[PDB]
Asker: 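I'd like to talk through a structure of azelaic acid bound to Diaminopimelate decarboxylase.
Every chain is numbered from 1, with letters handed out A, B, ... down the list of sequences. Just follow the structure's listing: the first ligand is 1, and inside any ligand the first atom is 1. The analysis underlying the following values was restricted to heavy atoms, covering all of them including side chains, and did not include hydrogens, waters or symmetry mates.
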2 protein chains.
Amino acid sequence: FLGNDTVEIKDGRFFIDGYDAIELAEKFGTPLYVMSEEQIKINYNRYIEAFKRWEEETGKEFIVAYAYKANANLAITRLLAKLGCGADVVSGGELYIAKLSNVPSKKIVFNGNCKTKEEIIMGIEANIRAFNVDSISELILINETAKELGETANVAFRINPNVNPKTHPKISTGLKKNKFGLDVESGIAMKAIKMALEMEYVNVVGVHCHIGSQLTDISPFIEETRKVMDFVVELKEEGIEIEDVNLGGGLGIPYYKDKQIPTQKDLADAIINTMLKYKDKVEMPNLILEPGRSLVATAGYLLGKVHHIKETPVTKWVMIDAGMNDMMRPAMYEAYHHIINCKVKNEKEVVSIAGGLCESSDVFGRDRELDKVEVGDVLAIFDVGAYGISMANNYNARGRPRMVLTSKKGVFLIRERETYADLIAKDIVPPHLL
Amino acid sequence: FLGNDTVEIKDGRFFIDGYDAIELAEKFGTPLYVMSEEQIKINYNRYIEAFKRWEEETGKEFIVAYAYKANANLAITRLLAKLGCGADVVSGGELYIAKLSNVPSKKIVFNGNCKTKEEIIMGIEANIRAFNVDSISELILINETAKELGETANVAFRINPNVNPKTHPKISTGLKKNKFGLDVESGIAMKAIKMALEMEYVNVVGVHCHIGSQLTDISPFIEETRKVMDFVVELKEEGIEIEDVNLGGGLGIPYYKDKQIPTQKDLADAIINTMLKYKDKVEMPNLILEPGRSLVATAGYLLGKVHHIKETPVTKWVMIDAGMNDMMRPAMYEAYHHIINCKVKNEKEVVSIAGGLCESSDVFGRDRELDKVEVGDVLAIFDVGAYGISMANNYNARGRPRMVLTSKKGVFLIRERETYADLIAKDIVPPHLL
Ligand SMILES: O=C(O)CCCCCCCC(=O)O
Ligand SMILES: O=C(O)CCCCCCCC(=O)O
């Protein structure tokens, strides 16, 4: 319900963008991923409507670089591209898909702690907005590679702000124990940027920072912004101007439908206001965010038919043709996902929903109360648009699921399922094993 | 070093089956999975040898049903198939692979808590040794399906013995709160078997049981065998004879070279000795085991070239082209894997190894002591032959890696890598989005 603005219940049946979920499952088979085109438009517009304030009080641009790793299906990236959205790519493959999705290079940022010469060349030739440099080793490579191409590479800098360990314990730890960014306090971030300014084939264009994911509190974001901006003034004091300020992504999603969490609006006010408090010290730069889950998560639903009902002395198990290989979130993090029966019964019942993989962790939900589950029913799991198909695999020799896009134009198969032949399409038997 | 019987360090260089690891990396590229054919033969032979005692003392067969879910690369199954190994499949795709690998049907067992009608038809048509029935609901389906097909389905029953909570807490809680098997204590197992004996299209072949994975203690296997055999005795007093007894897999492998673990010999002595104690109450049946990890794990090595060396104020990172999407174990279970520099340097240093994915969990190991790491070196992470490629994915839009098999005949490519074209090979853009 909360966050799922395009779904409803017409006459005891679940609907996605007006389409009958049970019928979709019957038409395209199961397991089936269902992405809502409208929901994506809604999630994107909210980010635009809530940040339009930035191109009024600063006269600068606000760019939304969608984090491809959340879902890089061609049809989806294509759709986001058409909406004028940007792209946050983190590998040669995402850059490849981004460019194929017709996403303007001026709206493309490249992240990653291990960028290969191959990926760098791709970024330079494509003339992406910026290379969110992660280390000095990366800068030296980019610069040396641009020299080779005879071109100039745009470089931002992923920094780890001097966050206060007391106020935000986790944010501080995450920025200091991980592999990303250039530490500010130690003077490495400064060392890097200054090192770049003296190179002839790189063009410093900004700074970047990403503090986490699924954060349902503006506090960390306010703190991040402040510490990042504090570094910008420190740069100005050295005679270094920043064109762009990328604060990454990580805004939580309404997985739990009982409690209300911060919206794009709340996040906008927090950042915008914090930013403005520096309207004097430094020129207000372009603002960039790299939302992933907060753009596609609530648009995806996974449908799975129940093939068996197993009753045990302590639990009532509902077995569905959907498994952890199709959607890894539950089994990997024990994370919560709302689950319901696409058919409304005049009776409730507490059960556990599991997949068919021979892995104990292959469970979608426990002790969930749903309308009487019956063999043949189609259950639906919410919020699988982000980190669902993008992390899907063939564990237990199972092909990845089909994907359909529901739009006002109709329902379209945006991803075909894999057959048994696909499972072995990359395998080769040596001669002595034939 | 422990368990890795086909690798060595010759001239300050790491070798797999006599093949220069660095050269393999140069030739086939990185990231690269390297499977040792001889190691797999050794692991398999260790089981056959340790259990040869069974047929010599009962005249019955001892069958090894390799668990495909640990690794079902066509070449690997093809290899085990030629060794006379059996197959423990849990999906239509695994049965499909098993049958294409020329594994005899009388050496194939099918496990799974959610076997679909489609898969059951496949198992029946193939006349597999047995369906390891996971629930009464599955039993009815199998029988009904065999009926419509006008054939008989061989079935065994996966039971969950009433393991003592105090003794082995983890093992106990699993056989009670998980979705697998038929509860013994509550009488469900007995009920299912008695029920099967009435059906006209099923053939009761035996009992099955699987207690866990990566078990480095012989104690749990003894308890399993005893409680399984006690149940068999109960069936005997009910006039029900048991042809096969499948005790599943679970034997752990030496990820840690520091600790000594049980061998196949310790397992056989534990199982066979316990089994023979029932020779006076019941006729000794065929013995089946479903080794997965203990057959291929130590045969796999993942090679990753270092592209950058990042030095933070606290940790010295080494970024390689091998990522968690290639081998999900570290990032997913925070499990330990031995890692070394294929090149022996005259001095060592402590470093942390990370992949290129933008996910903080994408770290292979922290604070490891390796020979001086230098850009361009090739690192090797041990014991990735099981639950490695089988769990690989394309997270961050990265295709799964290449795999080579090293044998006495030479080194051959057994899995081709995925290109950027492969990543979208299943994606389809709808008309309004072209
Ligand atoms: O801050 C980072 O880079 C690491 C976390 C990223 C989110 C990935 C998966 C999420 C899920 O299943 O909820
Ligand atoms: O009990 C089961 O059905 C399955 C266990 C598989 C875990 C895989 C790899 C990680 C590890 O080594 O613990």
Asker: I'm curious which other chains are hanging around azelaic acid (ligand 1) with a heavy atom under 4.0 Å away - can you tell me?
Answerer: A, B
Asker: Define the binding site of azelaic acid (ligand 1) at 4.0 Å using heavy atoms, by chain and number.
Answerer: A:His210, A:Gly212, A:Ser213, A:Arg293, A:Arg329, A:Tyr333, A:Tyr387, B:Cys358, B:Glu359, B:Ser360, B:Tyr395
Asker: Compute the shortest N/O to N/O distance between A:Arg293 and azelaic acid (ligand 1) and return yes if it is under 3.5 Å, no if not.
Answerer: yes
Asker: Below 3.5 Å, N or O to N or O, backbone or side chain included: is there any such pair between A:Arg329 and azelaic acid (ligand 1)?
Answerer: yes
Asker: What's sitting near azelaic acid (ligand 1)? I mean other ligands or ions under 4.0 Å from that drug.
Answerer: none
Asker: To check your reading of the model: name the closest protein heavy atom to atom 9 (C) of azelaic acid (ligand 1), its residue, and the distance in Å.
Answerer: A:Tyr333 OH, 3.7 Å
Asker: Note the single closest protein heavy atom to atom 4 (C) of azelaic acid (ligand 1), along with its residue, its atom name and the distance in Å.
Answerer: B:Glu359 OE2, 3.3 Å
Asker: Going by the atom numbers of azelaic acid (ligand 1), which of them fall below 4.0 Å from some non-hydrogen atom of B:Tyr395?
Answerer: 8 (C)
Asker: Taking 4.0 angstrom as the limit and counting only heavy atoms of A:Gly212, give me the atoms of azelaic acid (ligand 1) inside it, by number and element.
Answerer: 1 (O)
Asker: Please state which pyridoxal 5'-phosphate-binding residues recorded by UniProt for chain A are within 4.0 Å of azelaic acid (ligand 1) (heavy atoms only).
Answerer: A:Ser213, A:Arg293, A:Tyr387
Asker: Return the UniProt-listed substrate-binding residues of chain A that have heavy atoms within 4.0 Å of azelaic acid (ligand 1).
Answerer: A:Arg293, A:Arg329, A:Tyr333, A:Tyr387
